[PDB]
Number of protein chains: 2
Amino acid sequence: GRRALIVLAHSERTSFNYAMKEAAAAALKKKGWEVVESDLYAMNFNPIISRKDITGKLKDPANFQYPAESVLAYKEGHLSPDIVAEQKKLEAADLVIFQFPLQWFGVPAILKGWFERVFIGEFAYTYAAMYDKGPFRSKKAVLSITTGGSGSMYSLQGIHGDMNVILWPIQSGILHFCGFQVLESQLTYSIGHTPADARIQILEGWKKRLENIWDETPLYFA
Amino acid sequence: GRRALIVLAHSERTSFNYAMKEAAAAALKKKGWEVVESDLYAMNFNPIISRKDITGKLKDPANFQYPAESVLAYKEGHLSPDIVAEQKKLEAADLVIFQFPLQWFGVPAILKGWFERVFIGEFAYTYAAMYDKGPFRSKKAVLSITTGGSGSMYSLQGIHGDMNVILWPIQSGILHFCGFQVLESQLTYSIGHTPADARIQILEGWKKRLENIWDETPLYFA
Ligand SMILES: Cc1cc2nc3c(=O)[nH]c(=O)nc-3n(C[C@H](O)[C@H](O)[C@H](O)COP(=O)(O)OP(=O)(O)OC[C@H]3O[C@@H](n4cnc5c(N)ncnc54)[C@H](O)[C@@H]3O)c2cc1C
Ligand SMILES: Cc1cc2nc3c(=O)[nH]c(=O)nc-3n(C[C@H](O)[C@H](O)[C@H](O)COP(=O)(O)OP(=O)(O)OC[C@H]3O[C@@H](n4cnc5c(N)ncnc54)[C@H](O)[C@@H]3O)c2cc1C
Ligand SMILES: O=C1Oc2ccccc2C(=O)[C@@H]1C[C@H]1C(=O)Oc2ccccc2C1=O
Ligand SMILES: O=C1Oc2ccccc2C(=O)[C@@H]1C[C@H]1C(=O)Oc2ccccc2C1=O
């Protein structure tokens, strides 16, 4: 009886990304998983870090520094409700899935802001406990990414360069940094070129992988 | 009589980042440059792409697709005022400076959202004209980044890996993609460990580089 969290970053319910979230949620429930969601757009999630992330009086309001202030707020329990609610989803989660379209070679701003506001010090990382020693080391995370471009465009010979180098600041810099055992990215290329029956098989293949996602071998980080 | 645009992504006017923007603006004006700013936080810039980026009736409102809809809106002149105002700053700019603290190994969400909402198709790139053939090929861009970590942490032997690999999706994936001649990043490491007199020299060295920034040799992209 494991618990999964699906973070979705797409504005449209009619999108293929939304379809992929639905497929993920259905396959996991069918396998006994408990499924919680963070549809950032449906939540109208605020992705901008500010002093309003901390309730009540600050330590140094004249010279506000987000890192020091936010960590203190997490420890003492003075973070804003929307952040706290998200941190609670993560605390309960065994597996976290990030479903998003690749945007300017990375995560959409609303997901980037989610990381910035939710992954507070002490909670998601400490200067003393990161990577293998990270707080999330008992959890697994996976990116499911849809692109406009082709797999070959995102290779060494392609115009964009290798995808693994592109995803490094997310997979390593964010996920592994916080301790996550990162699983292999689900990459869906050339969305606009994919006919209807192929898109269906894409959804079916994704649900198929999720049937045994937990048994997978994580990525290796030196 | 050249024109410069400074995009700043920091909430605090008391921040060292704000100080660096002020230093940049002052050194360029002293050298005859015209200086325009985009203080994203002071502007309360909206960093979330949505159908509200397009005014009036859409082509396909039942199945909204941002890329197709936004490009059409740029061509026909139906983009939201805040986006248009930003695109006009870029059109007039010879040099664009991005001043921001490194956040989770990249740009803050509000700057990421700025790229996503402002860099619309046809305006900032086309599938047929990118990189060297990009629309911004007559312009130069530079990142000025402040970090909590050290230069050595961001090396091959460091725990975080090489900085140039970290900055690749920004420098290449965004700036060069749109045609910019990208200049060498101004990297200010270990902010929290830097004493007052050293911070002053940091500001002075930055203004010094800007005295002859336009004559610099751009980065090489294969
Ligand atoms: C700001 C921005 C930056 C971008 N940057 C990049 C980049 O750097 N690199 C890159 O490669 N691409 C980039 N893109 C392109 C982007 O990655 C693709 O547009 C995106 O991945 C497509 O995903 P989608 O969910 O919007 O597909 P949609 O266009 O919403 O859907 C595609 C098809 O799937 C169908 N569909 C929906 N639901 C179902 C279902 N249940 N079953 C079967 N079919 C269904 C739809 O009807 C549609 O025909 C960018 C786009 C934007 C807006
Ligand atoms: C969400 C988030 C994610 C982050 N991710 C990363 C990461 O991945 N890697 C990493 O290395 N770091 C990271 N950091 C740390 C961050 O990069 C640093 O906190 C930031 O670069 C410091 O910049 P600042 O402008 O806030 O400095 P501040 O702390 O605001 O200023 C530092 C000093 O400069 C002084 N100062 C201000 N104005 C002047 C002036 N005119 N003259 C002289 N001195 C002045 C101030 O008084 C202060 O003492 C992250 C921080 C956050 C909040
Ligand atoms: O769909 C494509 O068509 C192409 C045809 C010829 C050469 C290259 C490309 C591409 O890069 C991709 C995706 C293309 C991309 O990779 O970068 C982007 C940045 C912002 C917004 C949208 C996108 C894309 O859809
Ligand atoms: O200041 C630091 O102290 C350290 C001491 C020992 C080992 C590593 C580090 C660091 O990574 C940096 C910066 C540190 C970092 O690199 O990643 C972050 C992610 C989110 C928020 C803030 C930060 C940081 O300030």
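A, B, C, ... go to the sequence lines in the order they are written. Per the PDB entry, chain A residues shown: 3-224, in order. By the PDB entry numbering, chain B shows 3-224, in order. Both ligands and their constituent atoms are indexed starting at 1 by order of listing.
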Query raised in the report: How do PDB records name the drug found at ligand 4?
Result: dicoumarol
Query raised in the report: Which chain contacts dicoumarol (ligand 4) the most here, in the terms used by the PDB entry?
Result: NAD(P)H dehydrogenase [quinone] 1
Query raised in the report: For dicoumarol (ligand 4), which other chains have at least one heavy atom closer than 4.0 Å?
Result: A, B
Requested in this report: Check the entry and name the source organism of chain A.
Outcome: Homo sapiens
Query - substrate binders in chain A (UniProt) with heavy atoms under 4.0 Å from dicoumarol (ligand 4) - result: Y127(A)
Report task. Please could you name the atoms of dicoumarol (ligand 4) that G150(B) approaches to less than 4.0 Å, counting only its heavy atoms? Result -> 1 (O), 13 (C)
Query raised in the report: Is it the side chain, the backbone, both or neither of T149(B) that has a heavy atom closer than 4.0 Å to dicoumarol (ligand 4)?
Result: neither
**Report entry** Residue selection (non-hydrogen contact nearest atom 12 (C) of dicoumarol (ligand 4)) among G194(B), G151(B), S152(B)
**Finding:** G151(B)
**Report entry** Identity and distance of the protein heavy atom lying nearest atom 17 (O) of dicoumarol (ligand 4)
**Finding:** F179(A) CZ, 3.3 Å
Query raised in the report: If you measure from atom 25 (O) of dicoumarol (ligand 4) to every heavy atom of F121(A), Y68(A), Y129(A), which option wins on shortest distance?
Result: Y129(A)
Query - Nearest-contact summary for atom 21 (C) of dicoumarol (ligand 4) - protein heavy atom, Å - result: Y127(A) OH, 2.9 Å
Query raised in the report: Near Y156(B), which atoms of dicoumarol (ligand 4) are under 4.0 Å from a heavy atom of that residue?
Result: 16 (O)
Query raised in the report: For dicoumarol (ligand 4), does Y191(B) get within less than 4.0 Å through its side chain, its backbone, both, or neither, judged by non-hydrogen atoms?
Result: neither
**Report entry** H162(B) N/O to dicoumarol (ligand 4) N/O under 3.5 Å
**Finding:** yes
Report task. Quick one: look up the protein heavy atom nearest atom 8 (C) of dicoumarol (ligand 4) and list residue, atom name and how far away it is. Result -> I161(B) CD1, 3.6 Å
Report task. Show the binding site of dicoumarol (ligand 4) at 4.0 Å, heavy-atom contacts only. Result -> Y127(A), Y129(A), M132(A), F179(A), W106(B), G150(B), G151(B), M155(B), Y156(B), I161(B), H162(B)
